[PDB]
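Below, chain A is the first sequence line, B the second, and so on; all start at residue 1. For ligands, and for the atoms within them, numbers begin at 1 and follow the listed sequence. What you see below is based on every heavy atom in this structure, not just the backbone, and it leaves out hydrogens, waters and symmetry mates. Determined by X-ray crystallography, 2.9 Å, according to the entry header.
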Amino acid sequence: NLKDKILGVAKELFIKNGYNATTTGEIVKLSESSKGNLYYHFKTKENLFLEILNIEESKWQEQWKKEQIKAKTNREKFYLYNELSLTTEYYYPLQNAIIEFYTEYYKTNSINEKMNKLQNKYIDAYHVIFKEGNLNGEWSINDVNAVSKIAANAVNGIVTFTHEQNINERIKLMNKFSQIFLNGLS
Amino acid sequence: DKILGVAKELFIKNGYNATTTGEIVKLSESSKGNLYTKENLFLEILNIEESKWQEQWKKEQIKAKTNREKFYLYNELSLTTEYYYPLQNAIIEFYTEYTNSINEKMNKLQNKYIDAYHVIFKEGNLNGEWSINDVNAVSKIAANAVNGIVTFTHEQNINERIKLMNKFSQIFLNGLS
Ligand SMILES: Cc1cc(N)c2ccccc2[n+]1CCCCCCCCCC[n+]1c(C)cc(N)c2ccccc21
């Protein structure tokens with residue numbers, strides 16, 4: 001459990017102090033491990049952080065599997081996912097370390113390579129909703145990959161660039177977007 | 001205006017946090033006291049750039065005959081400009097790493113950003129292209145959705161991005177009518 005202890009501790013350090021401030025020395029000593037083991041498993045602070053994000057994305061997917069039973073039809077699932085995306089981000093503790101992380105390794109094509117495989121996972125959630133929505137005549141989309149990328153990124157924008165407003169208004173808007181968007185697929 | 005140019009460049013190349021008071025003065029070659037907050041300098045640049053965009057938009061919107069077309073175009077152009085949108089990641093940090101006199105003050109910057117759509121949508125209501133009772137909501141949603149597509153895909157074929165943005169604009173408008 002040394003690999004999973006290191007990630008657990010590193011998660012909490014990144015949460016408490018951000019990405020740049022947290023050193024690998026800290027993570028080593030606090031998880032009772034060695035620079036060696038940390039190097040053998042993750043090679044860099046950068047890659048360790050990506051691995052956390054993998055664990056976190058998996059937990060999110062696992063969360064979404066349970067939570068999407070409260071949505072009988074894919075139209076309902078679309079509405080719900082976008083809400084969840086907005087509401088849960090408001091108190092996602094890693095979010096700040098993520099902002100800090102991305103806005104620092106976006107240029108390195110390899111790190112930006114793995115960060116894309118990660119967003120692709122977020123985009124898969126919509127892809128499913130839309131594919132299944134087709135197979136139940138909720139709508140007709142011949143370009144599911146496209147409309148999926150659009151939804152994911154439209155929704156991130158509404159989640160990220162609003163913040164200023166109070167949480168009720170932000171939920172109203174998000175749901176209004178969800179409405180407008182699904183109406184344009186008809 | 002010796003500072004502001006290098007600050008922009010620095011803020012765009014590296015983060016809001018990563019670029020510094022020292023780095024700004026030393027790289028621009030100017031007096032430390034001369035520029036005496038960082039948040040004040042930042043909010044200044046955002047205003048400048050946001051104006052340079054809305055100005056460029058006015059000298060370019062003429063090529064769209066109907067407001068339906070203005071929507072598509074403004075959004076398409078949002079991908080190509082050198083103004084404002086290249087500072088979006090820097091703004092994301094800004095909110096996290098930042099009060100009262102500033103955090104409420106830069107909602108006047110947001111309303112300027114949203115106003116572009118407010119015209120387009122209000123104009124379209126006069127022109128009878130659609131009917132939006134909740135213009136202001138739709139404007140805020142439009143602005144942010146688009147900013148999303150612009151910002152969270154800045155690492156892929158620019159011509160693909162323009163395709164996505166157009167498939168977006170279509171859907172959004174189709175859902176208004
Ligand atoms: C657990 C968990 C819990 C949640 N409530 C949650 C909520 C929403 C999404 C994931 C969530 N997860 C899953 C967490 C996984 C996060 C993985 C995202 C890594 C890529 C970063 C996204 N990103 C991209 C793409 C492009 C950018 N320009 C950019 C700029 C600034 C900041 C981010 C940027």
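- The largest share of close contacts with ligand 1 comes from the chain named in UniProt as HTH-type transcriptional regulator QacR.
- The drug assigned to ligand 1 in the PDB is dequalinium.
- In contact with dequalinium (ligand 1) at heavy-atom distances under 4.0 Å, by letter: A, B.
- As stated in the entry, the source of chain A is Staphylococcus aureus.
- The shell of residues around dequalinium (ligand 1) (heavy atoms under 4.0 Å) is A/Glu56, A/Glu57, A/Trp60, A/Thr88, A/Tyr92, A/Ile99, A/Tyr102, A/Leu118, A/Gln119, B/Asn89, B/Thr151, B/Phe152.
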